[PDB]
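Structure, as structure tokens:
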There are 4 protein chains.
Amino acid sequence: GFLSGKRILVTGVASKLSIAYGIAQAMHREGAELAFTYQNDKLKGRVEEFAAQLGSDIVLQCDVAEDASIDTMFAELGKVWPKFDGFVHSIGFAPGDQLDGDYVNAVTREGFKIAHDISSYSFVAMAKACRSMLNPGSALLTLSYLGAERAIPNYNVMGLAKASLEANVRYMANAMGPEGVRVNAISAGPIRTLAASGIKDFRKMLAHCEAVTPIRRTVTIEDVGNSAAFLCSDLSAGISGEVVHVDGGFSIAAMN
Amino acid sequence: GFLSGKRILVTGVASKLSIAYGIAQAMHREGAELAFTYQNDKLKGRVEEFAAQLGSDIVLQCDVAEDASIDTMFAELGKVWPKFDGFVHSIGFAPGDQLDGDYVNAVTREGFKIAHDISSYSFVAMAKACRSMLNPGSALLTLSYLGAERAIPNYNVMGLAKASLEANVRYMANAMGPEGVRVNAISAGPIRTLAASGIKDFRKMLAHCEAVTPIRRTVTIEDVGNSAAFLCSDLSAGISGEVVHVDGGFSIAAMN
Amino acid sequence: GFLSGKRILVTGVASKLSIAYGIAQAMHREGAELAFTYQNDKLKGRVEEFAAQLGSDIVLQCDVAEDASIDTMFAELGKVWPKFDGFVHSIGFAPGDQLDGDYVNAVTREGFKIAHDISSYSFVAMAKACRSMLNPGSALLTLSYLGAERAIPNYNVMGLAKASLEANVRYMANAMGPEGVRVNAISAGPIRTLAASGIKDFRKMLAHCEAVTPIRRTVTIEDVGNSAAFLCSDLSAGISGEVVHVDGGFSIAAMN
Amino acid sequence: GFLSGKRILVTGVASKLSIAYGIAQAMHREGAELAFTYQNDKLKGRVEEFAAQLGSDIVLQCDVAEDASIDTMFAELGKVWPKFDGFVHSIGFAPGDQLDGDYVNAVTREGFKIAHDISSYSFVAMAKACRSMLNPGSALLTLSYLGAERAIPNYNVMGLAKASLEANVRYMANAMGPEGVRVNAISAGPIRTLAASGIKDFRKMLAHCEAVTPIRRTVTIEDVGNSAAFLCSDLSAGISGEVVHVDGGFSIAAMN
Ligand SMILES: NC(=O)c1ccc[n+]([C@@H]2O[C@H](COP(=O)([O-])OP(=O)(O)OC[C@H]3O[C@@H](n4cnc5c(N)ncnc54)[C@H](O)[C@@H]3O)[C@@H](O)[C@H]2O)c1
Ligand SMILES: NC(=O)c1ccc[n+]([C@@H]2O[C@H](COP(=O)([O-])OP(=O)(O)OC[C@H]3O[C@@H](n4cnc5c(N)ncnc54)[C@H](O)[C@@H]3O)[C@@H](O)[C@H]2O)c1
Ligand SMILES: NC(=O)c1ccc[n+]([C@@H]2O[C@H](COP(=O)([O-])OP(=O)(O)OC[C@H]3O[C@@H](n4cnc5c(N)ncnc54)[C@H](O)[C@@H]3O)[C@@H](O)[C@H]2O)c1
Ligand SMILES: NC(=O)c1ccc[n+]([C@@H]2O[C@H](COP(=O)([O-])OP(=O)(O)OC[C@H]3O[C@@H](n4cnc5c(N)ncnc54)[C@H](O)[C@@H]3O)[C@@H](O)[C@H]2O)c1
Ligand SMILES: Oc1cc(Cl)ccc1Oc1ccc(Cl)cc1Cl
Ligand SMILES: Oc1cc(Cl)ccc1Oc1ccc(Cl)cc1Cl
Ligand SMILES: Oc1cc(Cl)ccc1Oc1ccc(Cl)cc1Cl
Ligand SMILES: Oc1cc(Cl)ccc1Oc1ccc(Cl)cc1Cl
């Protein structure tokens, strides 16, 4: 595969519907060796089953709200992977109250704090912690959403965290590029996942996109995963700091 | 002038070089009634002097890091301006350690938290706090920098904070527009100010910019203040959720 | 007013609904001296009436499809305004066949040629033709549409023409800035005008926009003219090579 | 390869340094069947040698300035490829005089005409002519440059043609998407090619980029070709109307 000889760490696999899950499959189909992290014990065993299917016995607990957790995970990771080639950051979070109705009324200081910390900061946090274990030709990838670029109803403060994140991709890419590390983001169209269910009228959001999207269908985790495998492979060597839209063309069309 | 009948609240006047200062002067020259806030005790009397000069005797304290301070300032404001027509948010802050050398190495969880809290959240926190005192036709304004859109050396996490901020403008503009409130931002080119001194080799920025800028000069606080008065007056009724670049054209040129 | 002492040349007044008309009115309300051009004989007397009303008796013919017409208009202009302070380019055209149904099927080599020639080239052709009559502090302005940035149904090749136009603003701003000339564009939201009637289901555009627009209303020629007066006055000294959106916020929102 | 079972037509191979050449290699390495066009007889035999190496005996003359030439080529193409899966548009042109010094002085009506016609229109022209021979899952790709987004010295009118083109990708993608056709663009960093030699100080342009680019090197046709193979493969199914930057990160960095 085009990822043969690559060791990539994959975050965010909550279930078989997760973008991370679809991403690991594409990467594994492409010859990459994978390592998975699980946020907690509620998720532990599940992630272990998926690791096994993708031929990996590296499943480490990691909660990006904690520096020491990121730190410990990388330590256990180095035991098998002293040096690796990148990671996939598929982690996003905002307190439930943050996501519905008028943004100005919903947003609070803490919610803003948590949303930016978990969705934006965690990306660089993970980079700091493993920066020295990365081989040249490494690539990091995170997942963003159009709410970063446009004011989308109910997405509220998550739109700001995503905007922060995209700026992170640029700052990381400019800082880590000179040492052989690329950093990019896939701006994915809406996909029904556990987290998606936290946004009001997601079902109508999906149907809308399916209708107004040039390709005339919503994207799949297979679609996203394929772009992800590419962005983390040497095939995308000339791309860094880029936010690739994998939404079928939705954001470029208008009043369809 | 074109702001006659407008009562505007101006924040961030730390000195006669402050962008907020240059903005207050233009808004005063165009007929507006102003109210000033000062962050702390160190700045108080300085702000009172300028206020007096701009014919205002409404100088209230406000530390945007504290909700209670934001809430009290508006209660105090209500006593004189039960209803007013918008405010200028000219506040920014990132801990000193954050602003120099490699981004990834420089950034920390608290620096990120703080940079975002003071540079981005505070904007919406203020809007929430006075949402009901705003008259139809009200305009809210904030100041951003190109760091939001491009990875600029040393600007580091402040670029991420601005990215979040510009997103905020869009989400606030979308949320408040329905009740008669516009929200926009001026993306100002570099200007030597108190806070400007906190970035490495700023002197070279200013000169680099002066040379590669289409208008061939760096912008002024007079420049920025005229655009801000415009953006907080009825002259800009057709504009909302916009980040206008008052950088003399610097960002649209390349390899000049 | 803020344009007192400014002599501006206004193009594209086809009627009292014309954006150029609403612009001329604001520029006149702010103290500017205007000069008007009319495309042909059919429009001549109409333009003379408005001119007279806006206190001007300088009405010259100008078909931007002909260099010689552009050259003669300026020679005639020189006789009264040897030097002036900029002009408003409010001219757009694509053959009728170009504007409806599927883009690819609708577009032809000549329609493309024409749409670009009249909607984009003409802007720089006029600047070339008067480059030496422009005083320092001069401003050039043009009008664009969101079609440049997003694929909008039926707008077809005109969107490509606008894309070329917005690029022109940037290249002209960069080239002329050094001699004291700023060049910008207003990206106006839909407004019912003579040319507006040439697009399919425009009535539904206007209503769709009125509903999904942050300010909850479509912009007016008054709205656009105040932003244009601002952009052609010294109030916008810090702005050049910029495409300001006077669409009430429509483009920054999504799935409203 | 990931392009196995794909028949792609490749335009623009002038020499072994051509972006098209590097693109065909990547596509051929990935299992795709290719067909090549040559603009003229000066180029004919050369393109035939490259076709042979890439295992293709389909080399058709095509000059995109002529509808009948595009038309005839597709007719001869259908003889072997009744239906195919897409094409690579790597064609750009502007009269020599257009490319040096002050844009406003260099640009002329004809130069603008030719530059837009050959660099922008030809893309859709080719799409019109073959629209019905495309299988579902087809993808078209064109090559753009940052001069479309920023005013780059000496690029002059080519920057406008590229802006027109990028708008074309969006219009094409929105029109052809519903029938199973994606349209995208690679915005390539500077690469020394025959055409490149038409831009003043290209050598200094290259060195600059190599220094200020996050990856710290200029891109290669291998880099571009790899992204091209991906954008024309089912791997990029969720991407359409996108302008992917393959420039190492140059456009996202600032004042490096
Ligand atoms: N699904 C969509 O429609 C969509 C579209 C664009 C982008 N995204 C992004 O893709 C990523 C994956 O989202 P998803 O939709 O697949 O949902 P998901 O629920 O499958 O995955 C969310 C993941 O984030 C993890 N996470 C959150 N907080 C954590 C923490 N504190 N520490 C460690 N892990 C934590 C959860 O365990 C989970 O594995 C998110 O960034 C999301 O914003 C989603
Ligand atoms: N100066 C530049 O070149 C430039 C360019 C682009 C953007 N900006 C932005 O303009 C705004 C004003 O900054 P400036 O350059 O005029 O500098 P300045 O130092 O004169 O003012 C910044 C203001 O921030 C206030 N502030 C800091 N923390 C705050 C808090 N906790 N509570 C209340 N107020 C707070 C300070 O009192 C100060 O008045 C900032 O957002 C800045 O990022 C400046
Ligand atoms: N009306 C809208 O909703 C809207 C929105 C965005 C952009 N625009 C732009 O505003 C500008 C003015 O158009 P409008 O909507 O006011 O319509 P309008 O029909 O009132 O005016 C367009 C003008 O184009 C002039 N024109 C056409 N070909 C020209 C030529 N060959 N020589 C000289 N002049 C030429 C006509 O005389 C006419 O005055 C156009 O660029 C248009 O694309 C309009
Ligand atoms: N090389 C770079 O630095 C760079 C960067 C970004 C984008 N691009 C684009 O890539 C494409 C390929 O450029 P290149 O740099 O490889 O140069 P090149 O000289 O190898 O290729 C240019 C091709 O366009 C063809 N062409 C031009 N007019 C033609 C016509 N009338 N009909 C048919 N074919 C014609 C020429 O035969 C040639 O094959 C162009 O669009 C160029 O703008 C180049
Ligand atoms: O960002 C997303 C965008 C869409 Cl359309 C759907 C799901 C998304 O993902 C999230 C949304 C809200 C929270 Cl709290 C956490 C996550 Cl992971
Ligand atoms: O944002 C700015 C951009 C420039 Cl070019 C100059 C000064 C700026 O203002 C700040 C920079 C850093 C911090 Cl800590 C706080 C502020 Cl207010
Ligand atoms: O650009 C426009 C955009 C909108 Cl929404 C409405 C009218 C416009 O104006 C034009 C549209 C088509 C052609 Cl043929 C010429 C012009 Cl002047
Ligand atoms: O677009 C380009 C951009 C760069 Cl940096 C280098 C070469 C380019 O390609 C061209 C430039 C000018 C002409 Cl007339 C034709 C072509 Cl193909």
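Labels below follow one simple rule: chain letters A, B, ... track the order of the sequence lines, proteins then strands, and each chain is numbered from 1. Indexing begins at 1, ligand by ligand and atom by atom, following the structure's order. Looks like X-ray crystallography, 2.0 Å, at least that's what the header says. Any value given below was found using the heavy atoms of this structure, including those in side chains, with hydrogens, waters and symmetry copies removed.
The drug or candidate drug modeled at ligand 7 is triclosan. In this PDB structure, UniProt names the chief binding partner of triclosan (ligand 7) as Enoyl-[acyl-carrier-protein] reductase [NADH] FabI.
Lab note: other chains with heavy atoms under 4.0 Å from triclosan (ligand 7) -> C.
For atom 15 (C) of triclosan (ligand 7), the nearest protein heavy atom (residue, atom name, distance) is C:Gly92 O, 3.6 Å. For atom 16 (C) of triclosan (ligand 7), the nearest non-hydrogen atom of the protein is C:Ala195 CB, 3.5 Å. Close contacts between triclosan (ligand 7) and C:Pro190 involve ligand atoms 5 (Cl) [criterion: under 4.0 Å to a heavy atom].
Those atoms of triclosan (ligand 7) that come under 4.0 Å of a heavy atom in C:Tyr155, given as number and element, are 1 (O), 2 (C), 3 (C).
Under a 4.0 Å criterion applied to the non-hydrogen atoms of C:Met205, triclosan (ligand 7) contributes the atoms 5 (Cl). When only non-hydrogen protein atoms are considered, atom 13 (C) of triclosan (ligand 7) lies nearest to C:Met158 CG, 4.2 Å. Atoms of triclosan (ligand 7) lying under 4.0 Å from at least one heavy atom of C:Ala196, given by number and element, are 6 (C), 7 (C). Residue C:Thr193 has no nitrogen or oxygen atom sitting less than 3.5 Å from a nitrogen or oxygen atom of triclosan (ligand 7), judged on distance alone. Ranking protein heavy atoms by distance to atom 8 (C) of triclosan (ligand 7), first place goes to C:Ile199 CD1, 4.3 Å.
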